[PDB]
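So, a structure with paromomycin in it.
Lettering follows sequence order; numbering is per chain, from 1. Any value given below was found using the heavy atoms of this structure, including those in side chains, with hydrogens, waters and symmetry copies removed. Looking at the header, which is where the method is noted, we find X-ray crystallography, 3.5 Å. Ligands are counted one by one from 1 in listed order, and the atoms in each one are counted from 1 as well. The structure has been trimmed to a portion of the entry, and contacts are counted only among what remains.
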Amino acid sequence: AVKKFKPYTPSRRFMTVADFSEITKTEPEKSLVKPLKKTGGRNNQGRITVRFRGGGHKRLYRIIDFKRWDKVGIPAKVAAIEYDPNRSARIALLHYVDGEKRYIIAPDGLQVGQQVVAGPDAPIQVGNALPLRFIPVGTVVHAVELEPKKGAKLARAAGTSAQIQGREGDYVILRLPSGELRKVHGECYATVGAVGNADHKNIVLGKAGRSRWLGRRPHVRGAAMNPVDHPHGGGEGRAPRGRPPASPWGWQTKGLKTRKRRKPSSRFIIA
Amino acid sequence: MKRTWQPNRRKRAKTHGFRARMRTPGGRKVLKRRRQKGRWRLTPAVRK
RNA sequence: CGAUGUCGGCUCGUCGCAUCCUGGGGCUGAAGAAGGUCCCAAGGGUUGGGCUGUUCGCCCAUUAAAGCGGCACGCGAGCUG
RNA sequence: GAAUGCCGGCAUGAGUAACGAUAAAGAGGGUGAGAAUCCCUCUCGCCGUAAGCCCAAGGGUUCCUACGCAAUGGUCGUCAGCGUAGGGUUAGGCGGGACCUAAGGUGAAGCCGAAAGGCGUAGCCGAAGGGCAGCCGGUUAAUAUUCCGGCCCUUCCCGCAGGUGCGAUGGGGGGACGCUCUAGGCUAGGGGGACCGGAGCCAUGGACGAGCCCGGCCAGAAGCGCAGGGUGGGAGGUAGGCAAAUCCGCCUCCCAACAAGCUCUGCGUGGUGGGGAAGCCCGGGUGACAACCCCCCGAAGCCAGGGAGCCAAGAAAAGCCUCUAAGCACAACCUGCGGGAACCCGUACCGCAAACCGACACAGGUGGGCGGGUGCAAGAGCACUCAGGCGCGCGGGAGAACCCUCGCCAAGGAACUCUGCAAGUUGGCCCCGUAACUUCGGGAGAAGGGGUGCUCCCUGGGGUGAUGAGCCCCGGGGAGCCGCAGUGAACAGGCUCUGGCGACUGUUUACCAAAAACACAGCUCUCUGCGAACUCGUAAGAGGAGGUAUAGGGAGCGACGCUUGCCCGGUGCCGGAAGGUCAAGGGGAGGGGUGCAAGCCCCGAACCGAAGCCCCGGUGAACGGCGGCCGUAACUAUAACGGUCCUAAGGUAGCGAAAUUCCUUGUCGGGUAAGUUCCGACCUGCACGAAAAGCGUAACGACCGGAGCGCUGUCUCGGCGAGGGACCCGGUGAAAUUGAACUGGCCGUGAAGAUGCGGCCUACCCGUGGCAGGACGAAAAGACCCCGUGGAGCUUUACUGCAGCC
RNA sequence: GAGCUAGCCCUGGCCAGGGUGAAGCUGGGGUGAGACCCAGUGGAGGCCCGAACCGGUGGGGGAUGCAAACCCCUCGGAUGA
RNA sequence: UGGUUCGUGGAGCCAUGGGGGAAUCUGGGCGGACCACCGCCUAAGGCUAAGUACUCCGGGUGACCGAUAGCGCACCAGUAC
RNA sequence: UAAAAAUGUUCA
RNA sequence: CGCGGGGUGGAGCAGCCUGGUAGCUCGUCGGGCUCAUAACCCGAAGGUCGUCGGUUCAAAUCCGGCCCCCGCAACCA
RNA sequence: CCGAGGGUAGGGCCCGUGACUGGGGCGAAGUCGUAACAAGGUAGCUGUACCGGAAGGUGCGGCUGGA
RNA sequence: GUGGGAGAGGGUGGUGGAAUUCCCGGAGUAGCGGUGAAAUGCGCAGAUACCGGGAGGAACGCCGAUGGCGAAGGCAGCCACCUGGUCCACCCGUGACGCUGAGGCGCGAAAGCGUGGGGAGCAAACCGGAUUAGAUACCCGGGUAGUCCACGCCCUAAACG
Ligand SMILES: NC[C@@H]1O[C@H](O[C@H]2[C@@H](O)[C@H](O[C@@H]3[C@@H](O)[C@H](N)C[C@H](N)[C@H]3O[C@H]3O[C@H](CO)[C@@H](O)[C@H](O)[C@H]3N)O[C@@H]2CO)[C@H](N)[C@@H](O)[C@@H]1O
Ligand SMILES: [Mg+2]
Ligand SMILES: [Mg+2]
Ligand SMILES: [Mg+2]
Ligand SMILES: [Mg+2]
Ligand SMILES: [Mg+2]
Ligand SMILES: [Mg+2]
Ligand SMILES: [Mg+2]
Ligand SMILES: [Mg+2]
Ligand SMILES: [Mg+2]
Ligand SMILES: [Mg+2]
Ligand SMILES: [Mg+2]
Ligand SMILES: [Mg+2]
Ligand SMILES: [Mg+2]
Ligand SMILES: [Mg+2]
Ligand SMILES: [Mg+2]
Ligand SMILES: [Mg+2]
Ligand SMILES: [Mg+2]
Ligand SMILES: [Mg+2]
Ligand SMILES: [Mg+2]
Ligand SMILES: [Mg+2]
Ligand SMILES: [Mg+2]
Ligand SMILES: [Mg+2]
Ligand SMILES: [Mg+2]
Ligand SMILES: [Mg+2]
Ligand SMILES: [Mg+2]
Ligand SMILES: [Mg+2]
Ligand SMILES: [Mg+2]
Ligand SMILES: [Mg+2]
Ligand SMILES: [Mg+2]
Ligand SMILES: [Mg+2]
Ligand SMILES: [Mg+2]
Ligand SMILES: [Mg+2]
Ligand SMILES: [Mg+2]
Ligand SMILES: [Mg+2]
Ligand SMILES: [Mg+2]
Ligand SMILES: [Mg+2]
Ligand SMILES: [Mg+2]
Ligand SMILES: [Mg+2]
Ligand SMILES: [Mg+2]
Ligand SMILES: [Mg+2]
Ligand SMILES: [Mg+2]
Ligand SMILES: [Mg+2]
Ligand SMILES: [Mg+2]
Ligand SMILES: [Mg+2]
Ligand SMILES: [Mg+2]
Ligand SMILES: [Mg+2]
Ligand SMILES: [Mg+2]
Ligand SMILES: [Mg+2]
Ligand SMILES: [Mg+2]
Ligand SMILES: [Mg+2]
Ligand SMILES: [Mg+2]
Ligand SMILES: [Mg+2]
Ligand SMILES: [Mg+2]
Ligand SMILES: [Mg+2]
Ligand SMILES: [Mg+2]
Ligand SMILES: [Mg+2]
Ligand SMILES: [Mg+2]
Ligand SMILES: [Mg+2]
Ligand SMILES: [Mg+2]
Ligand SMILES: [Mg+2]
Ligand SMILES: [Mg+2]
Ligand SMILES: [Mg+2]
Ligand SMILES: [Mg+2]
Ligand SMILES: [Mg+2]
Ligand SMILES: [Mg+2]
Ligand SMILES: [Mg+2]
Ligand SMILES: [Mg+2]
Ligand SMILES: [Mg+2]
Ligand SMILES: [Mg+2]
Ligand SMILES: [Mg+2]
Ligand SMILES: [Mg+2]
Ligand SMILES: [Mg+2]
Ligand SMILES: [Mg+2]
Ligand SMILES: [Mg+2]
Ligand SMILES: [Mg+2]
Ligand SMILES: [Mg+2]
Ligand SMILES: [Mg+2]
Ligand SMILES: [Mg+2]
Ligand SMILES: [Mg+2]
Ligand SMILES: [Mg+2]
Ligand SMILES: [Mg+2]
Ligand SMILES: [Mg+2]
Ligand SMILES: [Mg+2]
Ligand SMILES: [Mg+2]
Ligand SMILES: [Mg+2]
Ligand SMILES: [Mg+2]
Ligand SMILES: [Mg+2]
Ligand SMILES: [Mg+2]
Ligand SMILES: [Mg+2]
Ligand SMILES: [Mg+2]
Ligand SMILES: [Mg+2]
Ligand SMILES: [Mg+2]
Ligand SMILES: [Mg+2]
Ligand SMILES: [Mg+2]
Ligand SMILES: [Mg+2]
Ligand SMILES: [Mg+2]
Ligand SMILES: [Mg+2]
Ligand SMILES: [Mg+2]
Ligand SMILES: [Mg+2]
Ligand SMILES: [Mg+2]
Ligand SMILES: [Mg+2]
Ligand SMILES: [Mg+2]
Ligand SMILES: [Mg+2]
Ligand SMILES: [Mg+2]
Ligand SMILES: [Mg+2]
Ligand SMILES: [Mg+2]
Ligand SMILES: [Mg+2]
Ligand SMILES: [Mg+2]
Ligand SMILES: [Mg+2]
Ligand SMILES: [Mg+2]
Ligand SMILES: [Mg+2]
Ligand SMILES: [Mg+2]
Ligand SMILES: [Mg+2]
Ligand SMILES: [Mg+2]
Ligand SMILES: [Mg+2]
Ligand SMILES: [Mg+2]
Ligand SMILES: [Mg+2]
Ligand SMILES: [Mg+2]
Ligand SMILES: [Mg+2]
Ligand SMILES: [Mg+2]
Ligand SMILES: [Mg+2]
Ligand SMILES: [Mg+2]
Ligand SMILES: [Mg+2]
Ligand SMILES: [Mg+2]
Ligand SMILES: [Mg+2]
Ligand SMILES: [Mg+2]
Ligand SMILES: [Mg+2]
Ligand SMILES: [Mg+2]
Ligand SMILES: [Mg+2]
Ligand SMILES: [Mg+2]
Ligand SMILES: [Mg+2]
Ligand SMILES: [Mg+2]
Ligand SMILES: [Mg+2]
Ligand SMILES: [Mg+2]
Ligand SMILES: [Mg+2]
Ligand SMILES: [Mg+2]
Ligand SMILES: [Mg+2]
Ligand SMILES: [Mg+2]
Ligand SMILES: [Mg+2]
Ligand SMILES: [Mg+2]
Ligand SMILES: [Mg+2]
Ligand SMILES: [Mg+2]
Ligand SMILES: [Mg+2]
Ligand SMILES: [Mg+2]
Ligand SMILES: [Mg+2]
Ligand SMILES: [Mg+2]
Ligand SMILES: [Mg+2]
Ligand SMILES: [Mg+2]
Ligand SMILES: [Mg+2]
Ligand SMILES: [Mg+2]
Ligand SMILES: [Mg+2]
Ligand SMILES: [Mg+2]
Ligand SMILES: [Mg+2]
Ligand SMILES: [Mg+2]
Ligand SMILES: [Mg+2]
Ligand SMILES: [Mg+2]
Ligand SMILES: [Mg+2]
Ligand SMILES: [Mg+2]
Ligand SMILES: [Mg+2]
Ligand SMILES: [Mg+2]
Ligand SMILES: [Mg+2]
Ligand SMILES: [Mg+2]
Ligand SMILES: [Mg+2]
C-alpha cells in the first residue's frame, strides 16, 4: 500500500514507507539459532573495494533456509511472517513438525497457519518446494536453485519470480526475472509462487538521509573530480564529459558488453 | 588548538614497542642500526 | 627583475600657464544692455547630487565661475582596495 | 676582507618596544641585612554549569616538612610548582590481573608466494562492554569504601550433620540489548515553619517584636511494611536440538487466567553506631546530655530487561540455571554450621591546568560526574549571590597629540560609500490582528498594534492533606496609588516590495574563497544469472554478499510541474558462422652448401591458417552536430510566397542585450529632481536552447542584485567625556637592520629621478615628543615576462613501451 | 608515520527549556455501505526559538601577536546526512 | 631469454621457462653457422686444503692531526638536546 | 475498385 | 595590422588543381495545348569571367597591385 | 465614558491609464494556395491527439447530415 | 408472493483454436516485395515459397440477423462463480405506498494524463520512396507514443431516434 506523509516538512512530503500489515504478530526475531552477529564494514583487507558504503542502522542477520531439501516430506506450520533487514523481501517463520524451526523467504499469499512442505511428493501450491522437473510447466515459482544441491540463488528479490516455459532433456527452461532464458537442471529445487512485497519497487526514500540509514554513503559524479581522479574530471568549469563515458577506471560505461565470452555457462542461456 | 602530539602510553608501546619492532623484518632491522650505533634506548621510553 | 606595489577613491597639498571666475585693456559688423575676438594679469577663488570601480563622461539643482595641466598618469613604511 | 660563506665572540637599533588578557586595590601589624611583591588582620573588588568540588587520560614527586635563594620567577622576593635534606601513596569486598567475549590482532590445521613474506579453521590475545563481595564516621604535616571504630558481605580448602543419581570444554535456557514518547510509586536535591535547640543582638528615629542571627542530619543487617520487575501449572506422546537426555522444541488434553502464589530488586522502617552550626575563647575547645520534628516542591536518577508508538528493525562470549555422556555411586555434588585460607599491580600530588598538548608560570586545545539561593514565563540563559576559590607577579605618577575599547550629541538623516560597511532602530512574555502567492503543510513571530509596576477588595479551578486549616500551582473580574518611564537593571528579531542562482536539511578549500560549487532524494542510459559484473592482490584470498535483476556496479541529470525536437556521414559502442586482409603454426612446389656416397644441413612458392582492421547494418538522457545567397504583395515598408547552392541534418518547443549581447549607458516603458545598476518590453540571440538538460516553481538561503519604510556620526562637521596604552619616575630589558659615515636646499651634471660630483643658497653644538616625503627605505637571490637543449602535475587520434583484456 | 588530519569498523557517552501540532486513536455528523467533515486526545518532524556542544558568516583588533589562525562584537546548525 | 667482448649479427659455445625426445663407446659433446676430413674431451652425482679477500680485536711504524684539526665523541656522547 | 489536372478582378 | 576564401549570362552555383573547349538550374524571348491563366510541350537569345600590368604563340584558368565580399586570429603582464 | 474627524497600518470592490502583446469586427478590383458545395476529384462532418506558411493533414472512436 | 421463460446486461477467475510476427531445426533457389506505374526497402552473410518445433500478444471467423440485452456510454470464442434489470401466468398478499424532479450523488465511447506492467499486429508524430509547379497530403517502405492489463484521473462527442 505504502503509507504516504503529509507535507509538514519537505523530504517528508515525497516520502513513503512499506505497508507493514502482512507482517506484525512477530517482529522480534526468533533468537533460537536464528540471528547471528552480522559483520559489517565496506572493504576487504585494507582497501575499500566498493565505493560509498558505510554508516547505517545496526542490523542483525537472520539465517534463512535456502535449500529446502533437508526436511523432505516433513510438513510445517507457518508460525508468522516477519521483517528481515538484510533483504528487500519478507521472511516467514515456520515450525516444522520435527519441532525444528527455520526462516524462509516469504512468497505472495502465504498466510499464517498454512501447512507447507518440500519434496517431489509435494502438491503444486504456494510455498511448497519441488524439484523443477516435477513442477508443472508455466507456473510461477521462486528461489530456484541453479546447479542442483547448490541452493537457492535465483528469484529472491521483493516480488520477483521465474516462470517455466517447458522442459527439454534433463533441463527445464525458465524465464528469469531479468527476462534471460536459462536451461536449468530439473533437479534444482524451487519453491512455488512469487516473492511478494512487490510494493517495494514503489517506495520513495524521500530525503538524503534515509539512504544513509541503509548505509549508502553519498556518491560523486566523475565531473567535479580532478583529472588525476577520473576520466570525466577537469575542464575549466562544467564540461560535457569529454568523450566517451567511462568508469573512474577507464572502461566504457555506456554499452560495453562485460561477461566472459568463453564461459561454460554460455550454452545454457538464451536472452 | 588540538596539536600534533597527544600522548597515549598504550599507543606508544603498541606502535614503537619492542615486541612491536621485532614482528616486522624492517623493525628487526631497526634495532640493528640502533644497537649497532650504540643507542642507550632501542625503544621509546614509556613506563606503566 | 638578490622586486622603484599597479587603476580609481580618500587625506594633505604644491607648482605652471597656453586664466574658467573676479580686476585691467585694444579692436568690434561696440547705440544701450548683452556679447565676439585678442592683449596684460593667477592674488584669491573655482559648489552639491543621480549613474558606473571607473578616470572620463551624461544628466538633476545651482553658481562670479563651476579652468586645464606638472609633481614616479603627486601622495598605500597615510587609509581604502 | 668579500661566497645572503661556516663556527664563535661582541657591537648597533636601546636604555627604546615590551613586562602575556582594563577582575582592583588600600591600610595597620609582624619577620628580616633588605621586602607595593612573604606572614597576619581589617576594609574593597572578581568568579560561582565558576576562575567551585569529584574522577579519566597524560605528567611523573611537582605532595608534606626543615633549612635556604646563586640561577629559574619578564620587577621584587625574607616566597615558591626553585636549590639541599628527610619523611609521605597500607584494600579478599575500589580499578586491573590468576573470568568472558567485540572490532581487530595472532594463529596448530590448510592454501599461496623468487626470498623476506601474504591469507586463514579451531584456539588464544584483545575493552570506558558483559561478570563480580562496602556503606558510614574517625584519625595524619602529608595515605586510606586501603589504617582504625561500628555495622555488612565474598569466594576457595577442610571437618561435622542433614539431604540428592552425582557428573562435562557437550545439549538447551538465559545472559540479550534500537529510537522516540510517556504511567505510578519512591529517592537525590531544594523551599518553607507562628515548632524544637542555641551562644549573642536593639546598635542612629522606632520595634523584646509569631523579631534578627544560626542549625534542626547521616549510615544501619534480620525481620516488617510500601512500591514494582520477572513469572500459567498439568499428565502423555515425539520422525528436531548432527537426539547420547526424563532439558529444550514441537503437537494432542481434566484444570487456571485486565489474578493468586513463588521469586528478585528498589524505597521506608529498623538493634544500634556516627555526625552536630552561628557565635565566643586560644586547627582545637566551648556553644550540648545540642536540637535532630512537621508541611510543601521534586527529578534527566531508583524499582527497569516497566509501558506505548515507529521503522532505518536494533552486539558477542562467560558467569548463572537445566539436561543427560563417558565414568563414579566408600564417589560426588546440594543445603546448614564451624574453623581456617584469601596473592600480583595501582593508590602522593596537578588535573580546563603555572605540574597534560602548544620551546615560554604561552588571553589557545583537553572526555565523564556534582554544580546551591533569589528574580526575570521556563532553563544548565541573564543579574546579584552560598559554600568554595580568586584579584591573572612589575609598580608609582602625569592626563598632551595619536591608537584601541566605550558613552552622549543641536538641526538634518545615507546627502557617506564599491555597498547604510560599521553602528544604531527592533528586540521577552500575554492578547488583538494579519496580504499576494501555494505543492494547501506554508507564507506568519508576515505586517500593524495594545498590554506589561505596586496597593486593596470580590471571585473560579486544581496537587498535598481527611471532603475542612496550612502549603504550593494555574486563573477571571472591581476599584485606587507613584513616577519621564513597570520584561523601570541584565539576557532575548529591524521590517517590506522585487529580481538572479540553487529545490529543500546537509558538505567543502585545517591557515585569504562556504558559494550559483559538492552532496541530496528522484529521472534515464548501460553493464551484471551469480565460482555475477566491478574493485584490491604476484597468487592464495577478500570485498561485492552469507546479496541474486523490485539485486549489484559504472555513467550523467538533479525536488516537483510542463517538456526534452532533427541528423549515425565521422568517433564510440552493439549486432553480422559470406567476403578482403592477417601472426605464429601446418604445408611443402622449387632452390642452395657440402660429402665418393648413403646422407647431414640451409633457405623456400601456392594452399590451409585466429582475434584485430576492412566491409554490412543498428544505436543520441553514446562523443558529437543542428547553413548560405537572390527575388517577391495595386503608397511606402515588410515578405505568407518563389528561385538556387551546399549538408549527414541544417536549432523545434520554450527563453532571449540574459550569472550567456561585441557594437551598447541597443530602443522604448517603469522607478528618481537626475539611474552606464535594477524591473518590464522589443528582439540581425558577435557565441541561448531541451537530461554538460530547456522553461517555470511554493517553501528554503550568514548566497549575489535593485527599491522603499523605520533608525542612526556613515556623512554635511565636528565636539565633549570614560577607561586601556602612548608621556614622566623606579625596576627588568629585546628586535629586524646595519660597507663605513663628519649622512642640508636648488639648478645642474652623472649608466638617463645625488646628502658624498659642479656652481650657488642656506646652515651654532646636542637632544626629547610628534609626522611620515626621501634615503630608488626593511622584508622575501621577482610570484609576472623571457631564458635554461632545468623540474614536475595534467591531456590526447605525439612516440615507445607496460598492466590489463581479446 | 592515520597519538594531527580523512574514511570505515567494534564499544560507550552526550544534546537545558521552550514553540508548532502529522498519523493514529475516541466521540459526534454523514451514506445503502462508504469516501469524508468536525471537535477532543495524541506527540510526528534530515520542523522552528534557544543554551550546552559542533561550527566560523560579516566587521574591528591583532600582525618581532596572548597565538606559526588568537581575541572582541556579530552570525550557521543544535534528535540528526 | 640470460651469460661471455659478442647490443641478431655469418653467432657457435655455457646456462635454461615451454614443446618434442635418443642411445652406452661402430655410444656422445666440442674446435663460433653448416657439412667433410683431422684432432680435443668425455655430460646429465658429490667432496677437497694451500696461494686470495676483509678487518670489530691485539702489536708496530708514520716528510698523519694536534681540540673550528684528528673519529660525531682527547672531557661519564652516539650523550644532552 | 478507378487513372493527371490549380485557377477565373469590381458593380449592375 | 595578420592569415584564407570568393567576385564567371538577369538570379543561384559549376568550370581554375595537370592553360586551348565556359556547363547545370531558374529566368527571359518565339511557338504550341486551353476560351482564357498558370502548369506542361517545342524552340531560341543572352556572359567586359572584379579589375591594372606580364608569362605564354594562347590566360576565366598561371603571376604579382590595388577595389569590394566573407570568414578565422588579435594573446601574457 | 462615549464621541465628529485627523493620523498610522493592512485589506476588499470599482473607474481611468500603460511601453508591449493576443485575437476579433469592418473597409469595390493586393499576395499564396484551394480546404468545402457534383465519389468536389483522399465521402463529409465530428470529439480528441499530435503536426503543418495557410486553408488543413493524419491517428483513434463516432454520425450519416454520404455511399 | 407463487411458478416458469428469453437475452453479446455487469464484475471476477479459468480456458480453446485460427491467423500475424519473431526464434530454432529441415529442405530448396534468385528473386521477394510493393504500385496506376515505380522506387524506397528486403535477399545468394541464402530471402520469398514449403514443412516441422517453440514463444508471445491482441482479436475472437462460421452461427450473426433487416436478431437480442442494457437507463445511457455500450455489450459478440468457451466454461464456471458473483450479481443487475426484464416478460409471462395464477389474481393470493399490502392499501394510492403515485408521477416528475432545481440541487446532491453515481455512471459515462474515443482520444488524453499518472503509477507499474505488457508490446504480435496496427499506427498520430517522425524518416525515407514517390506524385506534383510545390505534397508539411492523398499512394508506398519504415516507425515512437498510443492501442492491451491493474489502479487512480479526465469526463467531452452528429453521447442522434
Ligand atoms: N471579416 C471576415 C473575417 O476576416 C477575414 O477577412 C479579411 C481578409 O482576409 C480579406 O482580404 C481580402 C483577401 O482575402 C482577398 N484574397 C483579396 C482582397 N483584395 C482582400 O480584401 C480586403 O483588403 C482590401 C485592401 O487591400 C480591401 O479593400 C477590402 O475591402 C478587404 N476585404 O478582407 C477582410 C477584411 O475586410 C477572413 N479572410 C475571413 O475569413 C473572416 O471570416
Ligand atoms: Mg593487516
Ligand atoms: Mg553525485
Ligand atoms: Mg573541480
Ligand atoms: Mg576518457
Ligand atoms: Mg585520466
Ligand atoms: Mg565553458
Ligand atoms: Mg573531460
Ligand atoms: Mg590508554
Ligand atoms: Mg624589476
Ligand atoms: Mg636591493
Ligand atoms: Mg598670459
Ligand atoms: Mg553606485
Ligand atoms: Mg593639481
Ligand atoms: Mg599615480
Ligand atoms: Mg597598504
Ligand atoms: Mg609612499
Ligand atoms: Mg616608501
Ligand atoms: Mg677578492
Ligand atoms: Mg642578512
Ligand atoms: Mg654570526
Ligand atoms: Mg627610537
Ligand atoms: Mg617612544
Ligand atoms: Mg612602554
Ligand atoms: Mg565589573
Ligand atoms: Mg601590606
Ligand atoms: Mg559578582
Ligand atoms: Mg596516572
Ligand atoms: Mg608545596
Ligand atoms: Mg621556610
Ligand atoms: Mg633567587
Ligand atoms: Mg628576580
Ligand atoms: Mg622544593
Ligand atoms: Mg579469551
Ligand atoms: Mg596473520
Ligand atoms: Mg572489564
Ligand atoms: Mg566493567
Ligand atoms: Mg591531599
Ligand atoms: Mg573496616
Ligand atoms: Mg545412569
Ligand atoms: Mg541431575
Ligand atoms: Mg551454553
Ligand atoms: Mg516517574
Ligand atoms: Mg535515600
Ligand atoms: Mg530549613
Ligand atoms: Mg521567622
Ligand atoms: Mg526559639
Ligand atoms: Mg533607637
Ligand atoms: Mg537521605
Ligand atoms: Mg506483588
Ligand atoms: Mg504445558
Ligand atoms: Mg551421539
Ligand atoms: Mg534510614
Ligand atoms: Mg563541634
Ligand atoms: Mg600466583
Ligand atoms: Mg589514595
Ligand atoms: Mg588522591
Ligand atoms: Mg569538566
Ligand atoms: Mg603568570
Ligand atoms: Mg594556559
Ligand atoms: Mg604549559
Ligand atoms: Mg569541551
Ligand atoms: Mg541557579
Ligand atoms: Mg526567562
Ligand atoms: Mg551564566
Ligand atoms: Mg601580569
Ligand atoms: Mg546628531
Ligand atoms: Mg534630536
Ligand atoms: Mg549615494
Ligand atoms: Mg559621492
Ligand atoms: Mg502585498
Ligand atoms: Mg513571501
Ligand atoms: Mg515575504
Ligand atoms: Mg542551496
Ligand atoms: Mg536544519
Ligand atoms: Mg579557507
Ligand atoms: Mg572564510
Ligand atoms: Mg554556508
Ligand atoms: Mg566543493
Ligand atoms: Mg526529476
Ligand atoms: Mg559474505
Ligand atoms: Mg538497478
Ligand atoms: Mg543501476
Ligand atoms: Mg550538475
Ligand atoms: Mg551521427
Ligand atoms: Mg557510427
Ligand atoms: Mg551506420
Ligand atoms: Mg563488431
Ligand atoms: Mg608460415
Ligand atoms: Mg577474422
Ligand atoms: Mg525562402
Ligand atoms: Mg535581447
Ligand atoms: Mg539594457
Ligand atoms: Mg551569447
Ligand atoms: Mg531607461
Ligand atoms: Mg531585462
Ligand atoms: Mg547551456
Ligand atoms: Mg536531445
Ligand atoms: Mg545535452
Ligand atoms: Mg540545472
Ligand atoms: Mg529558469
Ligand atoms: Mg544551509
Ligand atoms: Mg547561504
Ligand atoms: Mg584617556
Ligand atoms: Mg622605565
Ligand atoms: Mg639630479
Ligand atoms: Mg667628497
Ligand atoms: Mg651638492
Ligand atoms: Mg625626533
Ligand atoms: Mg618617510
Ligand atoms: Mg609612524
Ligand atoms: Mg626595497
Ligand atoms: Mg633572481
Ligand atoms: Mg608562468
Ligand atoms: Mg626537459
Ligand atoms: Mg583517526
Ligand atoms: Mg463515526
Ligand atoms: Mg487530531
Ligand atoms: Mg532540527
Ligand atoms: Mg533550530
Ligand atoms: Mg540560533
Ligand atoms: Mg553564544
Ligand atoms: Mg569545516
Ligand atoms: Mg584585519
Ligand atoms: Mg594594520
Ligand atoms: Mg549561536
Ligand atoms: Mg646478452
Ligand atoms: Mg629446456
Ligand atoms: Mg673445443
Ligand atoms: Mg671450424
Ligand atoms: Mg675439447
Ligand atoms: Mg664445491
Ligand atoms: Mg705536537
Ligand atoms: Mg672536535
Ligand atoms: Mg688553543
Ligand atoms: Mg665535532
Ligand atoms: Mg489564385
Ligand atoms: Mg467571379
Ligand atoms: Mg458599383
Ligand atoms: Mg563560386
Ligand atoms: Mg552573379
Ligand atoms: Mg578562352
Ligand atoms: Mg513561352
Ligand atoms: Mg588575462
Ligand atoms: Mg476613546
Ligand atoms: Mg484595392
Ligand atoms: Mg478533405
Ligand atoms: Mg476542393
Ligand atoms: Mg474531398
Ligand atoms: Mg459531399
Ligand atoms: Mg480528426
Ligand atoms: Mg501549430
Ligand atoms: Mg502528417
Ligand atoms: Mg475516421
Ligand atoms: Mg530457416
Ligand atoms: Mg435475474
Ligand atoms: Mg481510452
Ligand atoms: Mg502527451
Ligand atoms: Mg498510460
Ligand atoms: Mg507498418
Ligand atoms: Mg498540379
Ligand atoms: Mg505509413
Ligand atoms: Mg471516459
Ligand atoms: Mg445513430
*Map paromomycin onto the structure by ligand number or chain letter.*
ligand 1
*asked:* What's the chief chain around paromomycin in this model, going by the PDB entry?
replied: 16S rRNA
*Write down the other chains contacting paromomycin, where contact means heavy atoms under 4.0 Å apart.*
I
_Could you tell me which organism the entry lists for RNA chain I?_
Thermus thermophilus
